[PDB]
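Check out this one - sulfanilamide stuck to dihydropteroate synthase.
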Amino acid sequence: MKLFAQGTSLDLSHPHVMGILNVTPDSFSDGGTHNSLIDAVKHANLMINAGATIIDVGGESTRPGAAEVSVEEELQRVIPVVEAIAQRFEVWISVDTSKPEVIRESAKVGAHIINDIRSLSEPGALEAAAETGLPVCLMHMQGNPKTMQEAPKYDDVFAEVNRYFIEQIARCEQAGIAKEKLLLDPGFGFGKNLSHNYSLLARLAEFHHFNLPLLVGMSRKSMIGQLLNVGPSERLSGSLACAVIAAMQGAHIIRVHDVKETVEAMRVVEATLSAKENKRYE
Ligand SMILES: Nc1nc2c(c(=O)[nH]1)N=C(CO)CN2
Ligand SMILES: Nc1ccc(S(N)(=O)=O)cc1
């Protein structure tokens, strides 16, 4: 199973570690792109050296209570970073944005994947994505990402995620985006309580019925912090366990903050699955 973008390919035969590079106004400080660029390129370098095969560049925070970012603010931070990395390294670059101008401007500087947690729901996003012909990640979410509001109720969270996926795949094809260009992500922590999150992880293997790559992001999330009752900087062990459970079930891309450690853990999973008559646990 491979992805094709920007004259290159990504083989999904093994788990890939996607490192996170957030370049928001509150971190990519001192205003409209400071010498925070060296910082970003430095940070990327470490991630690559640690074994990341994909880097997720985002100019907007999607945490509860997060501010909205303007197209200008976003453009100012993401584009320069995407370009500097594309020019310097061979990694795959995914862009975490929901804005059509950022989508368009990103393809042009070499981005390989459009990771929109909003699944191209913003006016003009679907059309901008299609035009680029790049792979798109579709994520399940109930509500507004940045709501300090409570988690919905679900009749059955897994059935709802499944049906959402069917509907979104359809929407994409109707717009020109071939099913073969999609990645699916259940969206851990988004409009889901503790129970819902562990139900989605327990049954991850059942989402293979779509025959599409699966991307997951549990790193330092609430589903861990709540369970173990620990702060954000004390969640590495839990984070690692979630990555292993997902990978063991055949997830293809794991979004994380702790690249080195996850890569090691993934090396153990690969050794195991290769000795496993059918390459996956269910
Ligand atoms: N594809 C994907 N992208 C994300 C995800 C996630 O869970 N999956 N979680 C986030 C948390 O701010 C940010 N971006
Ligand atoms: N939505 C969200 C909440 C917390 C985090 S974390 N893992 O940086 O604490 C990431 C995304």
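We number chain A the same way the PDB entry does; the residues here are 1-282, in that order. One-based numbering, in listed order, for ligands and for the atoms of each.
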*Which ligands or chains in the shown structure match sulfanilamide?*
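All copies together: ligand 2.
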_Check this for me - sulfanilamide, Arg220, N or O atoms closer than 3.5 angstrom, yes or no?_
yes
_Among all protein heavy atoms in this structure, tell me which lies nearest to atom 7 (N) of sulfanilamide, with the distance rounded to 0.1 Å._
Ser219 O, 2.5 Å
*Enumerate the atoms of sulfanilamide whose separation from the nearest heavy atom of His257 is less than 4.0 angstrom.*
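Answer for sulfanilamide: 7 (N), 8 (O).
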*Among protein heavy atoms, which sits nearest to atom 1 (N) of sulfanilamide, and what does the distance come to when rounded to 0.1 Å?*
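Here the nearest protein heavy atom works out to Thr62 O, 3.6 Å.
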_Any idea which UniProt domain of chain A makes up most of the interface with sulfanilamide?_
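The UniProt domain in question is Pterin-binding.
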*Name the closest protein heavy atom to atom 11 (C) of sulfanilamide, giving the residue it belongs to and the distance to 0.1 Å.*
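Checked against all protein heavy atoms, atom 11 (C) of sulfanilamide sits closest to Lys221 CE, 3.9 Å.
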*Got the closest protein heavy atom to atom 5 (C) of sulfanilamide, with its distance?*
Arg63 NE, 3.7 Å
*Identify the binding-site residues of sulfanilamide at 4.0 Å, heavy atoms only.*
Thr62, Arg63, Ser219, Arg220, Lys221, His257
